[PDB]
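Structure record follows, encoded as structure tokens.
Residues take their numbers from the sequence shown, with the count starting at 1. According to its header, the structure was obtained by X-ray crystallography, 2.1 Å. Note that ligands are numbered from 1 as they come in the structure, with each ligand's atoms numbered from 1 the same way.
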Amino acid sequence: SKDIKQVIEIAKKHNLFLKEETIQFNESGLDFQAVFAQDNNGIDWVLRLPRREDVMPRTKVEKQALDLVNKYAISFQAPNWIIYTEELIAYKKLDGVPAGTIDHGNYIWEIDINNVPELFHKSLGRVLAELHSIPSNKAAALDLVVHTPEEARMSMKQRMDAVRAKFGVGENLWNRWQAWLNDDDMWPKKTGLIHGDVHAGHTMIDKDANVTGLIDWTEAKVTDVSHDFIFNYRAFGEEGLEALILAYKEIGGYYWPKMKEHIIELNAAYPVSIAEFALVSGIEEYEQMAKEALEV
Ligand SMILES: CC[C@H]1OC(=O)[C@H](C)[C@@H](O[C@H]2C[C@@](C)(OC)[C@@H](O)[C@H](C)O2)[C@H](C)[C@@H](O[C@@H]2O[C@H](C)C[C@H](N(C)C)[C@H]2O)[C@](C)(OC)C[C@@H](C)C(=O)[C@H](C)[C@@H](O)[C@]1(C)O
Ligand SMILES: Nc1nc2c(ncn2[C@@H]2O[C@H](COP(=O)(O)OP(=O)(O)O)[C@@H](O)[C@H]2O)c(=O)[nH]1
Ligand SMILES: [Mg+2]
Ligand SMILES: [Mg+2]
């Protein structure tokens, strides 16, 4: 195959020598095609073949976030792009498997959704508490979005007005959104470095369902940490949200009395993210997903 021979040559050009029979393709990918391959010392790698120009400006923020994680974090792994060029990005595969993969819509689960091991919530609590306390201020140059607690609140307020302008928002839903925005007690008084896209496809687990790593850091930023709890609530209901909040609080993560209620209101604002995604991607189902999510 030509594809295979191409993978081999781009790797070879970056001093990566692979077993040809181990090369698997993960279908593009507007930005890049993911390729998995084992080098000749037997080490599993992940390759990102770029499909757009300006790889460096487009990956700058994700790389800065990864540099912070690889410099500070010990409880979990993250991609370490030891090959980082316009022609190729490559990192040694993280240990474990995704807790679940998105259907190519629904999850194909690796854990028992009806009997979630408590170690998943315990280890994820430790992982996010460490992540969210990484000292991103100590970096000389950070191009991530950085919110104070009040900036994180206005950001949501503005993002909500913009979605209402392009799609409209159901009256009951909009009133809920506004009530949340206008409740001082609910909002966190501390922000932190977040992953931004925490879900089962990005949480690497070992055999015991300990979360051992996190992939795909494109949504990283310094803002409300609550975004990283939403998956537990969507996938596992109130029990899994509480279990995660409990472990995060007891290992030292920033906790506030209305944390659960705040995260649940952030969940009701998920149509904002779906609307925003439908806007910068043009994929037809997400417009219908957006419109139906907005109750319009
Ligand atoms: C429980 C089960 C359901 O899972 C979820 O609710 C997750 C916990 C989501 O994260 C929640 C929580 C959230 C924080 O993200 C992790 C939040 O941003 C998001 C909108 O919804 C997803 C992972 C969202 O993806 C994310 O949508 C973003 C718009 C862009 C992100 N990425 C940069 C490409 C992308 O991964 C997605 C839209 O679902 C609704 C994915 C879409 C394929 C579906 O509709 C799925 C069929 C889902 O209904 C689901 C599997 O059945
Ligand atoms: N097991 C494992 N899978 C990975 C790793 N990196 C990427 N993948 C898989 O490849 C997919 C795409 O990688 P990702 O970084 O999320 O890029 P994107 O989803 O295409 O934008 C993921 O959903 C994973 O299933 C890794 O280190 N370990
Ligand atoms: Mg991904
Ligand atoms: Mg991404």
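The drug placed at ligand 1 in this model is clarithromycin. Most heavy-atom contacts to clarithromycin in this structure come from the chain listed in the PDB entry as Macrolide 2'-phosphotransferase II. Of all protein heavy atoms, the one closest to atom 4 (O) of clarithromycin is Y107 CE1, 4.1 Å. Near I230, meaning under 4.0 Å from any of its heavy atoms, are these atoms of clarithromycin: 12 (C). For atom 47 (C) of clarithromycin, the closest heavy atom belonging to the protein is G105 O, 3.2 Å.
Looking at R234 next to clarithromycin, an N or O pair under 3.5 Å apart turns up.
Atom 33 (C) of clarithromycin has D197 OD2, 3.2 Å as its closest protein atom, hydrogens excluded (heavy atom only). In the candidate list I102, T218, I274, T101, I274 is nearest to atom 27 (O) of clarithromycin, counting heavy atoms.
For atom 28 (C) of clarithromycin, the nearest non-hydrogen atom of the protein is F277 CD1, 4.8 Å.
By the deposit information, the source of chain A is Escherichia coli. Using a 4.0 Å heavy-atom cut-off, the binding site of clarithromycin is formed by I102, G105, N106, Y107, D197, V198, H199, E219, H227, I230, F231, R234, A235, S273, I274, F277, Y286, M289.
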